[PDB]
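Snapshot of bortezomib at ATP-dependent Clp protease proteolytic subunit 2.
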Amino acid sequence: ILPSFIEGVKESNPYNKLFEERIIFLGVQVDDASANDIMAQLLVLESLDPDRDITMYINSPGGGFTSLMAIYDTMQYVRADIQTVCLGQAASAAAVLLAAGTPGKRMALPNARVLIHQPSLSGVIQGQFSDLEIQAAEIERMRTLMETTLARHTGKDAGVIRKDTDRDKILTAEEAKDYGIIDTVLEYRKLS
Amino acid sequence: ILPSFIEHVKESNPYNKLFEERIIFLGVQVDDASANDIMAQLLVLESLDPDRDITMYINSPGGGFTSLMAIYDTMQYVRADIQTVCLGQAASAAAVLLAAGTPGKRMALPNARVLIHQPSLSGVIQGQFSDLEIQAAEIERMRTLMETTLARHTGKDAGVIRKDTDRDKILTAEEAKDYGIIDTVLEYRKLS
Amino acid sequence: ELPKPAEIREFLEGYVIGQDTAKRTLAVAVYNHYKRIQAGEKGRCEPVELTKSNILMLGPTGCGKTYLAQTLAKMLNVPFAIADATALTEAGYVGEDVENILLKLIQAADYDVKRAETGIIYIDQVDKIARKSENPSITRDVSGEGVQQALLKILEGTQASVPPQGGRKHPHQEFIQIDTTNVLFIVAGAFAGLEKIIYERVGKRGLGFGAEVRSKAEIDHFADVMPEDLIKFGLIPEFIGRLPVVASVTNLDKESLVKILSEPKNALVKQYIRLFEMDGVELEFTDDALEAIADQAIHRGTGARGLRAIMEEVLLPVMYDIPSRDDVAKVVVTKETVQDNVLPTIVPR
Amino acid sequence: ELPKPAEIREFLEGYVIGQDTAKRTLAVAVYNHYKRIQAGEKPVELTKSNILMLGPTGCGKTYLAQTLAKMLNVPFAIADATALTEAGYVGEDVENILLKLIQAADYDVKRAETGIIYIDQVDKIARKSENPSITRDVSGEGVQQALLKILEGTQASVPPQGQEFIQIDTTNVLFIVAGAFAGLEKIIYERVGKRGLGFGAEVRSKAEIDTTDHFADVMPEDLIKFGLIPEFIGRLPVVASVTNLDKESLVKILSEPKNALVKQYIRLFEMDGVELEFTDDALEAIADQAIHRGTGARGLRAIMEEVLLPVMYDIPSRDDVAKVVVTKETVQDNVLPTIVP
Amino acid sequence: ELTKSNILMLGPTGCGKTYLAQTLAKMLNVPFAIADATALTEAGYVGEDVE
Amino acid sequence: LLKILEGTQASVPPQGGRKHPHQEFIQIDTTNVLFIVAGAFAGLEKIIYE
Amino acid sequence: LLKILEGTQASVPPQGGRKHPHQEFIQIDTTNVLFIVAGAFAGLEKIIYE
Amino acid sequence: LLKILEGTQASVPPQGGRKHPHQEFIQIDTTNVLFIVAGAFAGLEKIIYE
Amino acid sequence: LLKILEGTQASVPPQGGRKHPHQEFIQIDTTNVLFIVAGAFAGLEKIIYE
Amino acid sequence: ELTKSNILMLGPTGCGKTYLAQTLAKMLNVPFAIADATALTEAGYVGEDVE
Ligand SMILES: Nc1ncnc2c1ncn2[C@@H]1O[C@H](COP(=O)(O)OP(=O)(O)OP(=O)(O)O)[C@@H](O)[C@H]1O
Ligand SMILES: Nc1ncnc2c1ncn2[C@@H]1O[C@H](COP(=O)(O)OP(=O)(O)OP(=O)(O)O)[C@@H](O)[C@H]1O
Ligand SMILES: Nc1ncnc2c1ncn2[C@@H]1O[C@H](COP(=O)(O)OP(=O)(O)OP(=O)(O)O)[C@@H](O)[C@H]1O
Ligand SMILES: CC(C)C[C@H](NC(=O)[C@H](Cc1ccccc1)NC(=O)c1cnccn1)B(O)O
Ligand SMILES: CC(C)C[C@H](NC(=O)[C@H](Cc1ccccc1)NC(=O)c1cnccn1)B(O)O
Ligand SMILES: Nc1ncnc2c1ncn2[C@@H]1O[C@H](COP(=O)(O)OP(=O)(O)O)[C@@H](O)[C@H]1O
Ligand SMILES: [Mg+2]
């Protein structure tokens, strides 16, 4: 349900009116295809002006780890400071992208929850024990890489991230400010 | 079927013609993709005029809580007053968004349904008991936050919201005005 | 010797209310001009020559740009020529040339050239010689860009040959040679679309979370101004570098506009008390009504010119009725300004 | 008389700070012009060597030419192209730049057949697409075609009073023309540059857009896109690449020249009887704010009037000794650092 | 000293704005010009100028 | 026109109205000239209604 | 045209009295000048039919 | 072209000049001027085939 | 442009200042004028390869 | 009734195209005029710059 203003000219739905104002939107899960979309937008907005801040909106349930680090690297790569805003939820990989914003520019709405958790395998990976030794050293590497990523951005020790992401830690907006994932909780701006 | 009509080059459906008149339409269940649509529309219409109010039509069976609080916080964030009109039903999150409008500006059609209930889980969330006591502290966080949210807006005590949302408290438009979810049962303007 | 900037601003304070930063500038800049003229005829003694340090006045309409220059005209002891950039053209085209604002300075020194070399030209509305693009214009723009190109030889100082403009062609009365290196140029303009340019420079978007969207109750607005904001407005970059000082006129708030009604010399409520005095009627404003006029004048959004727009949709049924009857006092109450169409208090004989 | 091109630049170095490639190009082409005159008075039919200066504003184009005015003792017109029209129209005609030469020659015509006519803002006389409201654009292509004959060198009758006309030969008259060419910085970037996109691609932030692309990347086809007709470029084979001023030169503009900026303000405050001092951290803090302006050395006045605005209001109403402008007054908001007796 | 208080007169077509001014011409004891803003053009351009 | 409305020393060409830079002019001061201006404003009632 | 179609003291911009270089304008009152205007209005019969 | 193709007292600006005011024009009557207008009309081959 | 390449009786103004009085033009025909035009073709060999 | 023939010189720049035609005009001492087609505007007005 979305009003598209169609037209041989630009279509201009509200997501175009987000993107022209340098707001990249991450509201779907972080799979490959969404990560591919975000990185294409992060580079385009860098090329349009590398000095104006890119804003990233995060209403994502999270998703895959390599798709996470695809977005993460591109957020960290571009010359523009990334302003991350949490909408509703920033769970799983999307909490890492929320912490991946520029310091001072990591925002959350007051009733947005931030869910941090260790990586999990989607389903069961079968195989020989030498295959599974590789897959388990992999998710331990994914776990360690997620912790040291959240260590860089929350200012905490990676062992503290390890103890806290042992289970699902759901933070509120104020609890994610105290943790270090966001920097400011957005106050309501309504004139009423 | 949804027709269109060509304005002037551009092809607009009635949803475009609603949206150009500052009317955001919540007509599906509140999932991530619908909440992402509504938040994009709330920010576009605030940028177009932050003093001209935004009208939100709610014909919705409700849905996800983080998608709820994503719409909710964006409705509370924007400088424009939100005029929520209930159309047929506002169930669950949709009733919280119905109550989330600006005081004095929360409307419902006379045969609209307002259904409030506590949050649930769709199906069974598996896990260890340490996982489940966190998912249950989460659904209690979601229940308390919803009852707090209906306490800001209906003017009622959150303990009275808790006793009323024990089961489906289904309100008519007149019963939702006495409750505090809407402010005006919107009377018919038929000339005949 | 010279009038100090505290003494120049104290003169400006008698007429202009508000505008603290744009009264320090034009008291500093007039004092530096007075020191340039004293250093230009005397004074080791540091053999340095002083450049003029021109002024660009920003700030919205009706907020005391022209009025702050017309006040500055009243005490200058130095030739002053208020001039308009909306009448200026390129050389070759039908309007007034950019050396006819320099004739007005020579005419301000009654004909004198040596005093006009020491003068001040106030070019009003130079936001109207700005282009409609940050790029070079496709059209020639003889009244816009080409004026800025024609002014910049005069702004930086040149041996300008002023046409006398009393004959059939130009060299019929032997061009007045004037040196404009010590002529101070206070240029001004409202720069209405410049506020949108400044937000797009600093990184402030006008959409979304944490991005400033501007309500009408707000009517960083002309401060944190840079030449790149004025390049993107339509002033050519050669024109802006010759205007180093920005005076930064601001929007007048409600507490300033209350005092603009009552306090200055030709104050606005003094003008209507003067008007009803010709009808033999004393006009009184309660101070709750003066705050109510200025409360509506910020919704009006046209500066202190909006105060005159409020007081003549308030005094309009009064100014119609009262010349046809016999009264003494007309007490304007607060109940007729914010609640329109209320007949005010009458005191007859 | 013939000053060597190293000696022309070493006089330019006394006034103009920075612009080292543009001072070599002026000093060589001025030397090549007068040496070709002197060898002609005593050939492989040598080039005319007229100079087209172009760079960012405030960086010294006029100030390069005014320094060449103070050196050569050869008649030097300082004419502007912002008043030049076609013949038979209102305004200054093209032959008045020859009259400005003999006014600088004290009406000696044979010294004005060796002089330098400096034309300022030839970006004005570039062709614009004609506005359908102006009745014959007279300030663009037609001024520029009326210069084509005298840039090569022709006999030209000169009307006085700017009775008989004065015949000036301009075959041995050097023409230094100048202009900022504000749109030309974008036109060259449309050819030698790319809007870089993606990983490992140079995107070139706005601070790096404020560099010069006129260094060796300007071409005649870029000038035709600006509006200069192709023959007018061919009468200008020498192009002096005026560059943007770096941080090191903008510090040296503030204190070192004759009418240096801080010497202008110390004179303004010692007329109040108060010393004005600058730390070297402060002058570097003034100079790096001028790069963000893009108005060159003229922007150094915009900073120091803004930095010294509260003290110029305060200090003449007081009794003080000195004030030490520090780096906390350009980077941070103004400390009032004044020292009372 | 007093100021102008100029009038911006608004109204739909044929309802009398010029006819108010043409009537006000007939009594005025003050010189009166009916101008027209469409006839005017910015200075430097063809057509009439605002003087 | 805004310089004419607020009051200026306006040089008026007696040629007939077409400005051209050289002539004697007529100096008029419009600081006491009233400017009634009018217009249909045919698209404004929609703008007011918003 | 609307000032001309209602009546105004217009002045013709070229050729006032066989081109004297002073006063190139002559006055005309278009109040009593009848105007007949015409055109096909080709798309209008689709508009009237609505 | 309509009044030109049928016949009108057309004002013609001379070579170099445009239709601006204060310009001398040439009054030609195009009543007896024959007009042979022509074009390729490449898209018309589809239209006559329709 | 192809009108002069084909040959036409063209009226040339002697300079830009002669488009003001409009009575004097330099007549020339290009019926015997040679035209050596040239381009900057670097994307034409694609069609030559084609 | 003979009709002249005009030369279209193809190819990329800097190969000596105008230097062929200039030398060829200096051989027969006929006039020679360098012109460009960028001297004509792609917005109209063409016909007075051809002159
Ligand atoms: N600070 C002030 N104190 C007193 N009166 C003021 C002040 N500012 C404005 N006014 C009043 O507003 C009127 C208009 O002022 P002015 O002529 O300066 O217009 P302006 O805002 O400069 O217009 P523009 O910006 O378009 O040039 C003046 O008559 C003056 O009396
Ligand atoms: N390279 C420089 N060295 C020293 N002083 C300089 C230099 N460039 C500029 N200045 C100072 O700033 C003033 C302005 O420079 P100048 O007049 O040369 O600018 P410009 O390049 O001609 O500007 P525009 O392009 O706008 O015409 C000079 O008169 C001088 O005081
Ligand atoms: N209130 C009125 N009383 C009497 N006659 C009127 C009135 N209003 C309009 N008319 C008549 O209508 C005619 C047109 O009036 P006018 O010239 O004022 O047009 P207008 O509506 O101002 O047009 P525009 O709005 O386009 O300027 C006049 O001749 C006048 O006689
Ligand atoms: C904890 C962060 C890093 C990511 C969370 N899950 C993972 O770690 C994800 C699991 C997932 C969840 C939802 C959708 C797709 C994939 N892990 C992986 O992508 C993954 C892929 N291959 C091997 C090992 N892990 B999140 O998606 O719940
Ligand atoms: C009562 C309001 C706040 C929300 C209502 N719905 C919910 O409670 C929804 C229903 C749901 C959907 C998907 C998965 C699990 C649960 N609750 C949630 O969004 C939810 C999500 N994660 C954990 C706990 N609850 B209603 O139907 O909109
Ligand atoms: N083959 C060549 N032989 C001699 N000179 C050449 C040659 N090619 C180019 N030139 C030189 O180049 C200059 C201009 O070349 P030009 O003929 O205009 O090339 P183009 O037409 O491609 O621009 C001439 O002055 C000439 O001296
Ligand atoms: Mg210069």
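Per chain, numbering begins at 1; letters A, B, ... match sequence-line order. Order of appearance sets the numbers: ligands from 1, and atoms from 1 within every ligand. The figures that follow rest on heavy atoms only: side chains count, while hydrogens, waters and symmetry mates do not. Contacts are counted only within the shown part of the entry, which is not the complete deposit.
- Including duplicates, the parts belonging to bortezomib are ligands 4 and 5.
- With a cut-off of 4.0 Å on heavy atoms, the other chains touching bortezomib (ligand 4) are A.
- At a 3.5 angstrom cut-off on N or O pairs, A/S92 counts as close to bortezomib (ligand 4).
- Here the heavy atom of the protein found nearest to atom 19 (O) of bortezomib (ligand 4) is A/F65 N, 2.7 Å.
- No part of A/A91 comes within 4.0 Å of bortezomib (ligand 4), judged by heavy-atom distances.
- Every N/O-N/O distance between A/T66 and bortezomib (ligand 4) stays at or above 3.5 Å.
- Every atom of bortezomib (ligand 4) is numbered from 1 in the order shown, and the set under 4.0 Å from a heavy atom of A/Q118 is 1 (C).
- Of the candidates A/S122, A/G62, A/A93, A/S122 brings a heavy atom nearest to atom 11 (C) of bortezomib (ligand 4).
- Listed by number with element, the atoms of bortezomib (ligand 4) under 4.0 angstrom from any heavy atom of A/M146 are 1 (C), 3 (C).
- Only side-chain heavy atoms of A/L68 come within less than 4.0 Å of bortezomib (ligand 4); its backbone N, CA, C and O stay farther off.
- Between A/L121 and bortezomib (ligand 4), a contact under 3.5 Å exists for no N or O pair.
- Neighbours of bortezomib (ligand 4) among the ligands and ions, at a cut-off of 4.0 Å: none.
- Contacts between A/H117 and bortezomib (ligand 4) below 4.0 angstrom, taking non-hydrogen atoms only, involve backbone and side chain alike.
- Looking from atom 15 (C) of bortezomib (ligand 4) to the surrounding protein, the closest heavy atom is A/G64 N, 3.5 Å.
- Look at A/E138 and you'll find every heavy atom at least 4.0 Å from all atoms of bortezomib (ligand 4).
- Ranking the protein heavy atoms by distance from atom 10 (C) of bortezomib (ligand 4) puts A/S120 O, 3.0 Å first.
- Note: no N/O pair closer than 3.5 Å links A/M142 and bortezomib (ligand 4) by distance alone.
- The protein heavy atom nearest to atom 13 (C) of bortezomib (ligand 4) is A/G63 CA, 3.7 Å.
- Around bortezomib (ligand 4), within 4.0 Å by heavy-atom distance, are found A/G62, A/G63, A/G64, A/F65, A/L68, A/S92, A/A93, A/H117, A/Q118, A/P119, A/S120, A/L121, A/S122, A/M142, A/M146.
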